[PDB]
Every structure is written in structure tokens, then in C-alpha cells.
Chemist: 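We have in hand a structure of Lysosomal alpha-glucosidase carrying miglitol.
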Amino acid sequence: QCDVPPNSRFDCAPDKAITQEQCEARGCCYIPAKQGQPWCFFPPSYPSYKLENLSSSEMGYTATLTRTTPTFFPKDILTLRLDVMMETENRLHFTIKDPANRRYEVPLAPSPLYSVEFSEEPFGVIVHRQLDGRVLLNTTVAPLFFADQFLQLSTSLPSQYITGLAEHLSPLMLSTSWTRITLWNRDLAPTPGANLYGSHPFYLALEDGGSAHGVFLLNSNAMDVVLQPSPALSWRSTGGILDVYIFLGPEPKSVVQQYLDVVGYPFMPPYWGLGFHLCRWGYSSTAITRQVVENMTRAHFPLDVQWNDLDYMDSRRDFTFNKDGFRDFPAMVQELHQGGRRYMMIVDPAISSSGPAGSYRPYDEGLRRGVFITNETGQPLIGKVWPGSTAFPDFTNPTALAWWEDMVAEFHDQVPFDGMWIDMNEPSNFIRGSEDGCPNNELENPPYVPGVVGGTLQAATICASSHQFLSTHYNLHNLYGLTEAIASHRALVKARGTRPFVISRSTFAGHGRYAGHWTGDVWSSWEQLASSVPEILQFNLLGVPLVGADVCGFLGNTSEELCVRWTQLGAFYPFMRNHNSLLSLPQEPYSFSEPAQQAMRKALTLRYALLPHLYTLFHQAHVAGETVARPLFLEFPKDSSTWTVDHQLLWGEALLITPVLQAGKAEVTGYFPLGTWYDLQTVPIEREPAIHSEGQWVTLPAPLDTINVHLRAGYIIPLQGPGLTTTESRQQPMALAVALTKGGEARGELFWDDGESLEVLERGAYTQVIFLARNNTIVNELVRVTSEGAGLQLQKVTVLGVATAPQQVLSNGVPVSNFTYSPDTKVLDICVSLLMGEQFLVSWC
Ligand SMILES: *[C@@H]1O[C@H](CO)[C@@H](O[C@@H]2O[C@H](CO)[C@@H](O[C@@H]3O[C@H](CO)[C@@H](O)[C@H](O)[C@@H]3O)[C@H](O)[C@H]2NC(C)=O)[C@H](O)[C@H]1NC(C)=O
Ligand SMILES: *[C@@H]1O[C@H](CO[C@@H]2O[C@@H](C)[C@@H](O)[C@@H](O)[C@@H]2O)[C@@H](O[C@@H]2O[C@H](CO)[C@@H](O)[C@H](O)[C@H]2NC(C)=O)[C@H](O)[C@H]1NC(C)=O
Ligand SMILES: *[C@@H]1O[C@H](CO)[C@@H](O[C@@H]2O[C@H](CO)[C@@H](O)[C@H](O)[C@H]2NC(C)=O)[C@H](O)[C@H]1NC(C)=O
Ligand SMILES: *[C@@H]1O[C@H](CO)[C@@H](O[C@@H]2O[C@H](CO)[C@@H](O)[C@H](O)[C@H]2NC(C)=O)[C@H](O)[C@H]1NC(C)=O
Ligand SMILES: *[C@@H]1O[C@H](CO[C@@H]2O[C@@H](C)[C@@H](O)[C@@H](O)[C@@H]2O)[C@@H](O)[C@H](O)[C@H]1NC(C)=O
Ligand SMILES: OCCN1C[C@H](O)[C@@H](O)[C@H](O)[C@H]1CO
Ligand SMILES: [Cl-]
Ligand SMILES: [Cl-]
Ligand SMILES: [Cl-]
């Protein structure tokens, strides 16, 4: 019975330290590890549920599951209902529910790629990949627990390679060495082993050969996910139901798209949101804040969006501004707009509750309309945050949504801010639970407490048993940030009538449909620079492509060298903002030495040149569930050498970025998949020219002023001329960079709209163009042309991998006014006068 291989032992004492006698009294095996691995584990005969009355419907299957021997947790639900729904050829969905009681649920050849079978006793669901018979899910490997406050469902994993389960500071590929991953949204500076600000109960598992599948557990309760080296995984949740989606891929990119089909495709940001953002805690007046913009401009640094932190508020209260340093706040923001820039400011969820009645409308009106989370006696739960005593809005309450909309619109009428930076929305609390503590009940003190920092669900947040419109906070806590993001998205649409721009700290699965994210209070360290790459990649896999870390780091003091490298890498975060803590030394680009400034300016210039391409990538994310920043393994999954690479990133399919992530380095070694990769430094923007890789690591020169960026052969990138804002840059002529395959082929595209309006795709108010290189010609193919985009000027075409000097270069049949060819770099640079929205033909020979 107890002869179970060490790596396949599932823990029978996850709840407490246990003796041999107690372990054996549970019906479990006790075998100490020889050096983590559980000492108390389930024998193969441990009582589980039994499958009964399996029946077939048009959807799939239904059955009853019966447990006859209780577990060691209280309130086993002895009779359950199983429902299996074969929803698409790629998506399998099953639920396990209590048929006697509605439990909490998170609010909202022709053949499938999967096949499903069931084990009868012990009960399990087994999902095969039909094409190769690989076992993807097999829940028979351990008992099913389903008690009121403890659900556990386990499965074998098809390999040691698994990614997902945000938010944690870790490699992109998670460790299967007895790792406990905790999902409970928590205000904590990112550090390993800890539950951070968000929770995404989704994983993508790679399979030998390069196929992959994904699993989403649609459950918002505090949970542990435990990975072990057999390899296997156990979901351990503290409430709700088991609601499981399996996505069959087979390509990792298809897995992600299929997942996003369920939770939502990324929202389309406004174009200006892709520009540079600059912020700190400590810009303590409008004068100082205006000087930031002046100082950036004077030193030729692009800046699209100026931000303020808590500084602007009156006594740290939402929807106010102080009349000392920020007396002329409205005028400052109007001026920013006149110069072609936008403005963002921090908003906290918590609302000051201590002011004299009638003196602070957000609280007074909130009270009148019953918008706040309430406690046992039905009053607002009062915590402590920046303004002092605060109540917490309940963003599951439709009346609170209406109130938030009003507060945002009213404040916007005073100061016309262009989006919302929503912070502290875990929700963070400076004290435990509330000013008045929390009651003693099973929600506050549950039978299984996941591995949360502080050892309690109340730590750094509000009472678990507090009341929200849809349910208790116990069930809804992990949705708090998401629900505020939805409320703010709608608020901004109503107040401004154009695309919302919301950047949120706390997130849950599906967040990306409404908003972006930044990774929080990262230290200004080389370690955190390096860690930002896997984290940015992870959030893209989870459908939140508008993600980045605070450039140069938030906590502590940056060094000049670190800030150069971080600006270089950060210029490839899809969301790029330099933000800085209150007590830190300044780290704006203009605050550094001239050479450092030059390097920071080059990084920003390159990003701005790439903005039409980055915007097109966001379009693909929004319309097709693509990633914007993506790991090498998503693009080359059949090359197993890519699987553990997470200190390089791609933008889309074609742009490979290999950053220096350590002090004192003048070179960097990165993986180059099979193909030709052209050095982007050979493309004129206002050392081998090509790496010919067999699939191999290559050491690259990387002096302090350089970040390595390579363009994949077979791809065409649209670029646009420079500006200190997108308002300026969007008016510039465009260019193409055309990276030829050895056979002379390349493809790419451009998506263009007005940069801001809602319902663009539905209304068809966009231009969409494909570019094709073939047989010494470049043409455009007009997928759609409208007023927005038709008149975009193409003035430069740069062709990489042209082996021999051309004798003539033609544009629409006529010799061009000017071209140059470099025999050393194999680059043909062509001046033209063409329009993106009209069919052209460029050729050479
Ligand atoms: C539910 O939340 C409400 C707040 O909305 C809590 O009300 C608080 O109740 C405590 C006593 O339990 C009050 O403290 C008392 O204050 C007076 C002077 O102000 C003092 O003389 C007493 O000795 C005591 O300290 C507190 O003022 C009150 N808070 C507010 C804002 O009125 C209520 O206790 C919560 N209920 C539960 C079960 O947690
Ligand atoms: C498994 O199902 C049997 C049969 O249930 C009946 O047929 C089903 C298709 C559906 O129409 C049910 O409503 C029917 O009751 C269950 O056995 C029956 O139990 C009922 C109630 O105890 C009893 O009146 C009948 O005599 C039983 N019929 C037979 C043929 O045995 C059985 O309880 C189900 N098992 C579980 C674990 O739920
Ligand atoms: C799913 O997992 C279960 C449990 O690990 C596997 O069932 C065991 O299979 C071995 C080898 O065939 C047998 O010796 C045991 O009797 C089985 N255990 C139980 C509890 O049934 C099963 O093979 C797996 N299924 C697939 C398709 O991989
Ligand atoms: C913007 O740049 C100006 C000019 O460099 C800064 O003004 C200087 O500030 C220092 C304090 O660090 C003073 O010692 C000097 O007297 C100032 N010089 C000049 C020419 O005015 C200013 O601090 C910068 N402001 C911001 C917000 O970065
Ligand atoms: C960050 O730096 C703060 C100020 O440092 C002081 O002034 C600068 C210009 C340097 O000369 C430095 O050597 C001085 O000590 C410190 O007060 C603060 O503690 C620093 N923070 C951390 C986390 O190191
Ligand atoms: O309690 C700190 C609250 N906020 C935490 C955010 O992560 C950080 O970016 C921000 O500067 C800070 C002040 O608003
Ligand atoms: Cl013992
Ligand atoms: Cl397949
Ligand atoms: Cl409920």
C-alpha cells in the first residue's frame, strides 16, 4: 500500500504538523524523507469520491460523485455533481458542484483535439491529446477533496515545464521541486516565495516536442497551488467550486489565445499610452511638476504623459487637490494638453471617513448610497490608509459603480486627467482587518490557511467576513482590484468618451480586458532589473500585455549604470514608466551625466520610432489574443533550448531583444533560434550586421550605450519619424525596415486608426496594410483603407540582406531620387515618396 515513489507522494497532512500515529490514524502512510517531500502521504487506496450514474448529453457528460468516508477536514460535501462540456474543438470545460446548495461562483478531420475518460473509483478525469495520445490531465493521481472551505484537485503534468500562476517573483518556468504557490492578493514589495498583488489561476504546460495545453481554474478564493517533481500539481482552494477549463493549443500561442477567448482579449490602449510616462512620489507642487516636463523637453527626451502620486491631493484624499502646491492644478493639466501631452494621477480605493459630515462628498455621498463594504453590524468597515481612517468601496455593488462614475466625472470637470493609476487595490490596509478588529468565525479563521505572508487572510487587508453586494470578502478578495479596474474603465469611458487608460496594481484573471498593470514596489537593483523580464513575459501570457516595471526601480537609490541598462530594457516594456519612491534620489533621464543621457535618449528614440509596430502588436493582442512581449518559447516551441530562456524577449514574432542585466558587463550572451537575425543598428534611425544562427547561444558586444536588438529575416517593420510626444510623432513620415530571407522574402503589416476613439474595429474606422517583399520587389496590399491612415507618407525603405549592389532602384517604375547601398552591411537604403494607403511597387536589380 505505502510503496509510493518519493516524488509521487501527495501530502496527507497539508493542514498541520503530524505524528506517525496521527498520520496512520488518518489512513495515510508515514515514511520520513531521507533528507518539501511529505512524510505523511495518501496510499493509492485512500478514500476519494466514486463516480456514479455517468450519462451523456448533447453537451458532453453528467454524473454524481459520492464520498463515503469523510476526510480530516470539516464539512465534506459527500454528494457532488460533475458536468463535462465539450465546448469547442480546443476547449474542454468541467465543473464539480454541490447539487444541494448554490455555492459561490466567480461573477461574470472534424473532432476535438482532446478526448476524455473517467476513472470510477477513485474518481478522476483523464484528458488525452488525441493526436499523440499524451496524457495531459489525470486527476486520479490523488483524492478529490471537496469540503465547504477546502477543495483539492490534483493532476499529473506532462513535463517539468510549467508557467503561470501569477503574481510571484520567479523564473518564467516554475520550479516543480515541492513548490507552494499562493494566490491571495497582497500589498508586498516583490520578493520570492510570496503572494503578491494579483492572482491568476492559470497555467500553460509544455509537452515534449513543443505542443502545449493550458488549464484555468475559475476560482477566486485564497488558494495554494503545489507543484511536485513526479511531475504533478495540486489545486488547493479555500472555497467556491471546481470550475476547470482545458485549452488544447497545440501551439503555446494558441493556448494563450484560447484562454483569452474565455477571460477576454486585451483592451486596445490609446496610442499615447505607448509613449514614455514619468512619475515620482514627491513632485510636491505644480511648479516642480512643470519643471519635469521643461527639463525633459530641454534635453530632448520624449515624454507623452506626466504623472503625479499622492502629492496632488488635499490631505491624501481622492478627488481633491491641495490649495498650496497644487492651487493651479487645473491650469497645469490644461497646459499639458496644449503642449500635446496627457496627464495621469494616482487614485486609491479607500475613502476618508473621518472628516466632518457634509465636508467630503466622496464619503458623504458614498454613505448615502451604501457603496462601502460593511461589517457584522452593517456599518462601513473602517481601516487605516493614507488619509487616516477610511471606508472601502464595494465594486461589486452596482450603486457603487454609479457613485464611482460620478466621483470620477465630477473630478474630471475640475481637472481633465486622461486616465487613472489605481493603487493599493488588493485592498491594502495599514492595520489588520479593521480599526475594530474582525469577529471570530470560520471565514476569519478557516480550517486551511494558504501560505500567505503573515499567516492570516486579514494580514495587510480587511476582514474576510466583511460584506459585499455579491458575497463575502472571503470569496471576492482576489477580485477587488479587477472590480475597481472594471469600474474605472467604465467611469473613464463615460467621463471622456474615448479609450480608457487604467494602470492597476492588483489584478485577477481577465484583468487585461479592462486595464494594464505595473509590477509594483521593485527595488532599484540589478536583481530586480533581471526579474522584470520573466514577469513582463508572464503577464503577457496571462492576457495583460500592457505591463511594465518602474524603470530604474522604485525602492532605494538607482545607480547611473543601472538606470542606463534599465531604460534600455524598459524601452521594450509594453508599458514604459519611470517611477520613483519618496525618499529616493532623482532618476529622471535628465538628472544623469551627459553620456548616460545620450544612452537613455537613444533608447527612447528607438521606442518612439517603433511605435507604429508596437501599436500594431497591441491591435493583434486585442483582435486575436496574441501576446505583445513574448518569450522565445512561444515563437519557437519546437526548439527545446528556448524553453528556459526568460532574460531575452521578443516583440511579436520578429524583434529579439537581448539586454545586459548585470553591472560591469560590456557583452551579453543570448539564444538565437535557427534563422538569420539582422542587427537593428544597421537600420537608419533619426558587430556583425547579421547573425546566421543554427539555433545557438551567441555572445554579443554590449557596451554601456548599447542594447542588442535583432530583426528576424522574413519580416517587415513599420516605423515613424521622431517627436517628443506621439502627438508630434504621429504626424511624421513613415519608413519600412525589410528583413529579407535568403530567398528574398518578407512580410509584415501596419494597423492605423485615430489613436483614441472607441469602437474603431466595429465602426471600421481604421486602415490596415500588409507589406510583402519577393523577387526584388516590395509591395503593399490594402486590407482596409479609410480616412484615418489613407494619407500616411512613406518616405524611406531600408532593405536588409541585399547581397549585391543594385544598378537601379525603381519606385512605381521610375528611378528613385536617392538610394545608398553598403557592401559591408548588405543594407539598401531607399528614399521614396509613397502613401501607405495606395498600392505601390518598389524594385531593384
Ligand atoms: C462596524 O463598523 C463600525 C464603524 O462603521 C464600528 O463602529 C465603531 O464602534 C466602536 C465601539 O465598538 C466605537 O468606538 C468607541 O468610540 C467612542 C468615542 O468615539 C469611545 O467613547 C468608546 O469607548 C469606543 O472607543 C467607534 O467609534 C465606532 N467607529 C465609528 C467610526 O463610529 C463597529 O464597531 C463595527 N462593528 C464590529 C462588530 O466590528
Ligand atoms: C443512480 O441512479 C439510480 C436510478 O435513478 C433513476 O433514474 C435516473 C435516470 C433518474 O431518472 C432518477 O430520478 C431515477 O431515480 C438511483 O437509484 C434509484 O434511487 C431512487 C431514489 O433513491 C429510487 O426511487 C429508485 O428505486 C432507484 N432506482 C434504481 C433503478 O435503482 C441511484 O440512487 C443513483 N445513485 C446515486 C449515487 O445518486
Ligand atoms: C492516471 O493516474 C492513475 C493513478 O496514478 C493511474 O492508475 C494507476 O495505473 C497503474 C499502472 O497502470 C496501476 O498499477 C494502478 O492500479 C493505477 N492506480 C489507480 C488508483 O487506478 C492511471 O494509469 C493514469 N491513467 C493514465 C491514462 O495515465
Ligand atoms: C530641472 O532642472 C533645473 C536646472 O538644472 C534644476 O534646477 C537646479 O536645481 C538645483 C537643485 O538640485 C539647484 O541647486 C540649482 O540652483 C538649479 N539650477 C538652475 C539653473 O535653476 C531643477 O531642480 C530641475 N527640476 C526638476 C523637477 O527636475
Ligand atoms: C538614498 O540616498 C539618500 C541620500 O543619500 C545622500 O545623498 C546622496 C546625494 C549621496 O551623496 C549619498 O551618499 C548620501 O548619503 C539616503 O539618505 C538614503 O538612505 C538612500 N537610500 C538607500 C536605500 O540607500
Ligand atoms: O503605501 C504606498 C502607496 N503607493 C504604493 C505604490 O506601489 C507606489 O507606486 C506609490 O508610489 C505609493 C504611494 O502612492
Ligand atoms: Cl513522530
Ligand atoms: Cl493536438
Ligand atoms: Cl455567496
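Residue indices begin at 1 and follow the sequence shown. One-based numbering, in listed order, for ligands and for the atoms of each. The deposited model was determined using X-ray crystallography, 2.0 Å. Computed over heavy atoms, backbone and side chain alike; hydrogens, waters and symmetry mates excluded.
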Chemist: Which chain letters or ligand numbers go with miglitol?
Modeler: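 All copies together: ligand 6.
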Chemist: Evaluate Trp421 for polar contact with miglitol (ligand 6), using N/O atom pairs at a separation under 3.5 Å.
Modeler: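 N/O-N/O distance under 3.5 Å: no.
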Chemist: Using a heavy-atom cut-off of 4.0 Å, name the UniProt substrate-binding residues of chain A that are that close to miglitol (ligand 6).
Modeler: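 Short answer: the UniProt residues with a heavy atom that close are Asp309, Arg505, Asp521, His579.
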Chemist: What atoms of miglitol (ligand 6) come within less than 4.0 Å of a heavy atom belonging to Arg505?
Modeler: 5 (C), 6 (C), 7 (O)
Chemist: For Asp521, is at least one N or O under 3.5 Å away from an N or O on miglitol (ligand 6)?
Modeler: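 Between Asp521 and miglitol (ligand 6) (N or O atoms, distance only) the closest approach is under 3.5 Å.
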Chemist: The entry lists a source organism for chain A; which one?
Modeler: Homo sapiens
Chemist: I'm curious which UniProt active-site residue in chain A ends up closest to miglitol (ligand 6) - mind giving me the heavy-atom distance too, rounded to 1 Å?
Modeler: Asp423, 3 Å
Chemist: With a 4.0 Å heavy-atom cut-off (strictly under), which part of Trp518 contacts miglitol (ligand 6): side chain, backbone, both or neither?
Modeler: side chain
Chemist: What part of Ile346 sits under 4.0 Å from miglitol (ligand 6) if we count only heavy atoms: the side chain, the backbone, both or neither?
Modeler: side chain
Chemist: Which residues and nucleotides contact miglitol (ligand 6) at a heavy-atom distance below 4.0 Å?
Modeler: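 Using heavy atoms under 4.0 Å, it comprises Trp281, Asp309, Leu310, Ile346, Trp386, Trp421, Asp423, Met424, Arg505, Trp518, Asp521, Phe554, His579.
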